[PDB]
Amino acid sequence: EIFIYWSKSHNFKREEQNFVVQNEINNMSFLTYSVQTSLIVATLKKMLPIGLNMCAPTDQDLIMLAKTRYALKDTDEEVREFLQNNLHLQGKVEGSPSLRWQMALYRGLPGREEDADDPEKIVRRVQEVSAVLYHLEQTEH
Amino acid sequence: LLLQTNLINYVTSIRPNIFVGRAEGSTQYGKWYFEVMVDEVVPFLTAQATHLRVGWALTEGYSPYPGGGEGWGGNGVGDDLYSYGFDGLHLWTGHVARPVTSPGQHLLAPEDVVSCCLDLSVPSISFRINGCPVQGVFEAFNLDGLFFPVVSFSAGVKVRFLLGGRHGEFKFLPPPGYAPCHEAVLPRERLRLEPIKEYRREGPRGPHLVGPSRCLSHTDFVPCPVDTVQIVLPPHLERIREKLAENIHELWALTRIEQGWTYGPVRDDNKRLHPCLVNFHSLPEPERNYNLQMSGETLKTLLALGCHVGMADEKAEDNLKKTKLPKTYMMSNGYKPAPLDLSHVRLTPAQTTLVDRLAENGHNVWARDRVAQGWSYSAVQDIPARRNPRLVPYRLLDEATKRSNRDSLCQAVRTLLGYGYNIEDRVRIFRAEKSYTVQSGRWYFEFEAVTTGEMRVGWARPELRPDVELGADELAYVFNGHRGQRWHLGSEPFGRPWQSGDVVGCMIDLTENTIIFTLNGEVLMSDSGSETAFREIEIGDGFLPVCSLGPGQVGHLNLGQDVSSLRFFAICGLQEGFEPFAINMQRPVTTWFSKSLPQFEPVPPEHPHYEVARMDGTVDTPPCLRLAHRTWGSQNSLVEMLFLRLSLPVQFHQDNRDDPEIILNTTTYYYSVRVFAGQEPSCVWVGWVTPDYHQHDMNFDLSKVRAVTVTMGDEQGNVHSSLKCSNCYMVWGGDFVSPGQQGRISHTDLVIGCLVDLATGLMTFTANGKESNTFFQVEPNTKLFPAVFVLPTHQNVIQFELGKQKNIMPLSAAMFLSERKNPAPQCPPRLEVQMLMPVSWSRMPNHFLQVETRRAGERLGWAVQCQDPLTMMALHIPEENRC
Amino acid sequence: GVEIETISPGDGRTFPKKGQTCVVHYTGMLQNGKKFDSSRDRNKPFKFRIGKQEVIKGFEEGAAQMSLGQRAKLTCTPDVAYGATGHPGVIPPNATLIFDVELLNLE
Ligand SMILES: O=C1CN(/N=C\c2ccc(-c3ccc([N+](=O)[O-])cc3)o2)C(=O)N1
């Protein structure tokens, strides 16, 4: 959330750059022009696997759909409503060979699998990761 | 002409960790003796046969890899000529079996005791089955290396090793003077039954990969000290020669009375009367002189090594006295030790470093005189036999014994310091089959590091070469972990080393051409900030997983096929998206390893240094094959081994005008070799090789050739057959130079001609038209390749000549059936020049002997058994007797 | 002729007689190491009779002097075996045969 707040505003980036150049903060010793060395970006890059873990591999199918929905400057509420309108397009577990072992890994080692049935939680856990993945693209570009 | 195929068995070998050899000394009983008892044997558990031989082997050349080999595969004791075996009626050496006469000859049936005897004074190996001797022995085999017992078996036998008692009871009395093989145990190591030169070992969670072993040489048991021959012993040091002697003498006397020694006439601990309790001036004459020379050598070691000493003080020495001793040191006769004061001085850390070197030298010198007297190492102590378990010079001694020598040396050094006088097989590269090359997607495989050492893991091109270390060329992207480095063309550091067990997660990503290496859950970082090992990699043919375990190193490659088995996949690699290298494969990935067996291959057309040119035969010269060193200026120069790509078998015996009635009925064949002027003849060997020559030596000479002699006789002497078996029949080119011409560079080419008679097996060599006095005799059904071994000293090195002589049927008449009666020299394109390569790729069998040759140290000997059958489809090449 | 040797001893008193069916497991090879035919790969024994030869004559001499499981190595010479006519795609004209025979006949 802090990352997208930083991304969808020019003044935040300008002030961060000015602060860094003014204080001459290394911004590299903490992690052991200089956008790639930004503190927020590095923190989100380190914390992204946490967000990816809570998403099922079946939600990967709806990931690009949510990204395309957000491509039109959409909001969280309308994106969630659109995803819930067609929440049946996810799955295809038996239609691909690369999804079998992913589902097996998801089911096997962790604990409870989010009660295995939560339509309301699926859109909630998909929207945030889709927004994060979208906002991460512009930083590298 | 056509590639044959057949079903052959899988044969393995099992040896005990007992090594004997012949050298200048320190390991010489001269004779050894062991037995093998057969419990049960199924003769035809499979379609082909059951393999079981026993005998001896050499530690430098015997290395039977599972699968194919020489002949029809299935190599054990016997084949490759580095081993000498006996099945139940044949003496197996070289590759051919020679039948032997026995009272009731039969195969190794159950309840059979075969005893093998090895003699090193005269090199001979003898066998005795069920007590009755076998009328056949080996002789005149070169003792270059160590000898160990070995048994070869294949899928269905069960035998026991009756070594020496307390490790297997005997069934027959050994011949006199023969040790029961239970000595030479090298007390730093215990007794074990292990395979020979393995590259794959079963582990707790999969097959571990093993690099080259650290074998022992035969020049390791001989002790060599530093040179102290030229020692002046100046008067200041000469004066303190005896002065030091009685200090160690009395200190060792009190160390002896620590267990309770007393002065008496006869040394026996039960009797407790060893004469050792007199002063130095009152010691018996025999050991007195030895004590003086040892005490002097204590000073000569310091003098010869360096560390120029000087008399720092003399006044302190004049006032030093003897420390008080209790009544315990007093003994019945009246002797009392007089230990000099020792706490008044303290050795500096430099002295603590240099003291152990003097003990190293002292033990070597001590062993030297003992082997000069005729003493040898033995696990069982035997004073009347002139043995005790301490002749191992320094490096393979037990640490419990090591302390006494350095204790005595430390006391001697502190005595000197107290009296003033201050004192000042290269690399085993593992890979994956070239059909698994990946050109898209993201992949992830792990590599556990069981041991810490020179081991490299990474991704390599499918055209990887086995004779070059990984990272030296652009065909590999590996990460060295001994110190921490990334190897593509250099040695740039790439993080921290490993520990005892450290999984390395190597992932490649061909979407943007990056390679990243991870330790146990952490992404490795380079110097500044890269976070990636290699970037912008030009993707070409593909990439394969690689592994480069060094000598004495054990690893564990986990390509995939079990996501749950990957220990650190979920942490780093799974979320970013990295399919393990093996996911949807019901069969494990087949690996290919670099087998260090020198085989002959054709000279590459684009060799950096060597070049071979074919020239047609003119009206005066025959067809020729020249060799030129195209980079003689500032490039590589080393010995090389060559032979012609075709053989000629020996048939079974059971002017310049040629006239037809002799030339069309002769059986002699001729080929000549011309050495160009400027190349020294002393570095040229011309002759023939059998299809089982695998010696890639760098200091080759006629004394390093393999040889053996098998002698057959009746039940007392009267030998009938004495066959000399070898794999290299050539004559040194340095024996054809006149003494007057020797000493400079000549200008006349030297021509050596070799004549082979395929009807009688006679071998002759002529130099410049002059017949030599050296000849060889071969056996029927022998394949010989025209071979020339040369060390280049010129850009015009050597030239093969498929020439002709007066009705001698030129060489292009026995290798080809069509031109059987054609008296014209020829050189068809199939006949080329093949050079010897150091290493070559090989295939790891999918299923080894999964029974693992179950062995255990049972009370009645060490038992090893194999139960499950194993077969493979061989592919026999007829011209070169391989499989 | 034949140069029958011994590999595994048998009984020594149960030699085959006239008009009897002998069961053998044999592996043939030329006198150079290249095997040309075997019976164990076919997973069936070979049955032949004396006086009804249907077999090379040297094999008959070799199997004649056997006793209920004696493994032998028979060497058959030309004019005792296929001889100068040889065998198309099989043993060359002038070659000797070596047979590793085991007489496991159960009568
Ligand atoms: O090998 C032997 C020989 N021997 N008995 C004979 C002698 C006589 C003197 C010594 C002697 C031993 C050790 C040291 N030292 O430790 O410098 C100095 C002198 O041994 C015996 O009981 N073990």
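Chain letters run alphabetically, one per sequence line, in listed order. All chain A residue numbers match the PDB entry; in order, they span 3440-3471, 3503-3611. The residue numbers of chain B are those assigned by the PDB entry, with the residues present covering 631-1054, 1070-1299, 1419-1647 sequentially. Numbers in chain C track the PDB entry; the residues on display, in order, are 1-107. Both counts, for ligands and for their atoms, begin at 1 and track the order of listing. Determined by electron microscopy, 3.2 Å, according to the entry header. The structure shown is a partial extract from the entry, and contact counts are restricted to the extract.
At ligand 1, of the options dantrolene, mebendazole, triclabendazole, the drug present is dantrolene. Contact analysis gives the chain with most pairs under 4.5 Å to dantrolene as the one UniProt calls Ryanodine receptor 1. At a heavy-atom cut-off of 4.0 Å, the other chains in contact with dantrolene are listed as B. With the cut-off at 4.0 Å and only heavy atoms counted, the binding site of dantrolene comes to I878(B), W882(B), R897(B), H904(B), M924(B), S1038(B). Organism of origin for chain B, per the PDB: Oryctolagus cuniculus.
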